[PDB]
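This report refers to the structure that appears directly beneath it.
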Amino acid sequence: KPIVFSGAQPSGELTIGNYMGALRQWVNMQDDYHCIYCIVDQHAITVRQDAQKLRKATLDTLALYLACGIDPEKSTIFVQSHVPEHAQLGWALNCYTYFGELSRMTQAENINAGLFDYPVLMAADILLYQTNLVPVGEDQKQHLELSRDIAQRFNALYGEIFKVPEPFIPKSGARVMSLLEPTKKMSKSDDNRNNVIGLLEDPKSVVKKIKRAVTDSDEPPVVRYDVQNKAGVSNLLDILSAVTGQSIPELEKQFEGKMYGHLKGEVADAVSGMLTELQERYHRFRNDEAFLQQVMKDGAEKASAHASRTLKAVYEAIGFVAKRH
Amino acid sequence: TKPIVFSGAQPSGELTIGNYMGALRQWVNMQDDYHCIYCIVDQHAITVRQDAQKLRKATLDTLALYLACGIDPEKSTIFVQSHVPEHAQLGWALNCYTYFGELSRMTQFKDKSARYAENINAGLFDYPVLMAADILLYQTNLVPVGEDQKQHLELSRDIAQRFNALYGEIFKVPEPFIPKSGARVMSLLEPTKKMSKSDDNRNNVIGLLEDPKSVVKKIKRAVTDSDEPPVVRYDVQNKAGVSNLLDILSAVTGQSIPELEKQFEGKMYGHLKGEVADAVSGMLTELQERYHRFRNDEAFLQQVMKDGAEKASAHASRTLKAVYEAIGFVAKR
Ligand SMILES: Nc1ncnc2c1ncn2[C@@H]1O[C@H](COP(=O)(O)OC(=O)[C@@H](N)Cc2c[nH]c3ccccc23)[C@@H](O)[C@H]1O
Ligand SMILES: O=c1[nH]c2cc(Cl)ccc2o1
C-alpha cells in the first residue's frame, strides 16, 4: 500500500467543508493506503499562543479526527512531539536546504525563526515515513515542492534514502462555499464565523447560520443550480447534496414550486442530522482520557518504529557515529 | 549539587592550538571545581559539507583528543551530540522563541556564508539556536569558549531570559567563561585573522595532531614586524605577530606577559620564536603520545560514548519534559 502523510493542525476547528470534503474522502480509503495522521504541535508553536489551550486543542483535534472516522487500528494517528525523529531529521535536512529556498517562500527581522524554518520541519515530517503521497491545498504546494527537492538532493549525494513524495491529485468533489460570501470557499480560518458551520455546532446555531445564508432576488424564487447567477442557492444545494447523497437534478425536482425558506429548513436539518452522530462520537472520545492516551501511545509507537529506520539510514549516510544503545 | 559547565567542539577539520587555548585548556581545569559536560557537536559540523568517512573519523579523533588533553570520563560527561535526540528537539522549540534578525546579524553566519557561497544552508543560519539548545538542556551555569563564540553565547542568554519570563524558572541563564589570554589565537602568516582549523593555507595553523617538526618550522616563519631594533613587546595594533607569539608562549608555559617581556628584554625575535617552538613542540609531543593510546582503543571510545550519552540523556530529558509542559504539549506516555 502507498504511504500517505497528512499534518493535522491543533488549532483549527473543523468545518463541514473540511469534513464532507477531504476528511470523509480519506476516511473511506483507510484500507487502500497506509495513512498517517500527524497532529502537528511542533508546527503550531511557530505562532505564540496560550499553553493550556494548545494542550486542549491537541486533544480536541485527536478526538475529532477519531469521531470523523479515522481508525487507530487501520491508520497511524499520533502527536508530532511524541516522535523525536521529526526534530532530528529536521535538523539534518536544515543542512541540505538552501537559505535562499526558505527566503523565497511566499510569506522581517521580528518574525520568529520557527516561522521562517518550518518548511524544513514539514519536509522531515513527510520524508521520515517513506511517504508516497501527500494531500496538499494550494497554499502547501511550495512546501511539498521543497520536500521533493530536498529528497532528490540528498538522494543524489547518498543513494536512495528517501522516497520522492507526490501530491495526491484527485480532490474530494464536495463543494462547500461560505454562507455570506458564496464565491469564496468555506475555510476554518475565516474571521466571519457566520460564513462557516463548525462540526460542534448545535441545531439552534445551524438553523441561525443557514437562515442568514445569502440567496438571490429572483422572482419568483426558484431552486435551480447556477453558480454564476445563483451562487447562494447553488451552495445550499451542493451542501444538501453532499449530506444526503441526492443528486442536484433530484433536489431541483424536489424543490419545484418551493421557496428558499423550504430549502434552508431542509439544509439545516440535513446538516444537523449529520453533526449529531459526529458530536456523539466526539464527546464520547474526547472525555475518555484512557482511550485517548492509548491511541497516542500506540500511534507514537507505530510512527517511531518507521521513523527510526529512516533516521538511522540518514545518519549512516551523513557519517555520524552510531549511538551506543 | 555543583554548578554545571557545558561546552562543545565540532568534529570538522583538525583542532588547533587556538581551540586548545580558547576552550579545551579551561575545560580540563574546571573538572573538579564544577560538574562538567563536554560535547562533540557533530550536528553543528554538518552545517559545512563533510565527507561521510571524514566526519565519522573526525568525531572519534575529537573524542580521543579530549581524552588526550586530560578530559576524564570518571569526572566529566563526554558525549556525541547526535546521540542525544533532546538537542534537536529543544532546538526546534527554541527556534520559535528566536527572532530572524538575531540570526541574520551573526558574524559567524556572515563569515561562513562568504567562505562557503555554494552552500549557504539553513543549518548554518540556524546554527545559534541549536547551540542555545545544547547549553540550556543541561541547566548550564558556565560555558567555556573562545572569543569567537561570544555573540552566540549572548543569544543563548537572551533566549533563556525570554523563555523564562513567559514560563518561569525553566532554564538557567548561562555565563561565558572566556580566558584572559589565548581567547583568540591568530594565524601565523596573517595575524589579523583568527587561527582557523580549516584554513586553506596550512602554514597559518598549529594543529594539535600535527608533526612537531612541521610546527617548529611554521613558528620560525611566522610574520612579525619591521621594528628597528626588533623589540619583544605585546601590542596587537602595531605588533600583531609578536603579540600572538607572546600570547601562545604565555598560555603554554603559564608565564604572564610582563614576565615574558622581562625575560626577552634585550632580545629579538629569534629568542621569542625559539622559546615558543620549544614549548609548543614539547606540549604536542606529549599530547600526541597519550592520543594514540586512546585513539586506537575502540572499546574504550565506545564505552566513553555509551556512558556519556546515558548521563547526558538523564539531564536532557528532564529539561525537555519541563519545556514541553510549559509550552503546552501533551506529555508523551
Ligand atoms: N583561534 C582561536 N583561538 C581561541 N579559541 C578558538 C579559536 N578558534 C576556535 N576557538 C574556540 O574553540 C572552541 C571549539 O571551536 P569550534 O569551531 O568547534 O566551536 C564552535 O563552532 C561552537 N559553536 C561549538 C559549540 C556548539 N555548541 C556549543 C555549546 C557551548 C559551547 C560551544 C558550542 C570554541 O570554544 C571556540 O570559541
Ligand atoms: O535548532 C534547531 N533548528 C531546527 C530545525 C528543525 Cl526543522 C529541526 C530541529 C532544529 O533544531
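Below, chain A is the first sequence line, B the second, and so on; all start at residue 1. Header lists the method as X-ray crystallography, 2.0 Å. We count ligands from 1, going down the list as the structure has it; atoms in each ligand are counted the same way.
- Structurally, the main neighbour of ligand 2 is the chain that the PDB entry identifies as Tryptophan--tRNA ligase.
- Looking at ligand 2, the drug there is chlorzoxazone.
- Under a 4.0 Å heavy-atom cut-off, the other chains found next to chlorzoxazone are A, B.
- Heavy-atom contacts of chlorzoxazone within 4.0 Å involve A/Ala87, A/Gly90, A/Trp91, A/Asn94, A/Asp117, A/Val120, A/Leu121, B/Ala88, B/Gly91, B/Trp92, B/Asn95, B/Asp126, B/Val129, B/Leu130.
- Of all atoms in chlorzoxazone, listed by their number and element, those nearer than 4.0 Å to a heavy atom of B/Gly91 are 1 (O), 2 (C), 11 (O).
- With respect to atom 10 (C) of chlorzoxazone, the closest heavy atom belonging to the protein is B/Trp92 N, 3.7 Å.
- The nearest protein atom to atom 9 (C) of chlorzoxazone, hydrogens excluded, is given as A/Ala87 O, 3.2 Å; this is a heavy-atom distance.
- Ranking the protein heavy atoms by distance from atom 1 (O) of chlorzoxazone puts B/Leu130 N, 3.2 Å first.
- Near B/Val129, the atoms of chlorzoxazone lying under 4.0 angstrom from a non-hydrogen atom of the residue are 1 (O).
- Ranking the protein heavy atoms by distance from atom 3 (N) of chlorzoxazone puts B/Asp126 OD2, 2.7 Å first.
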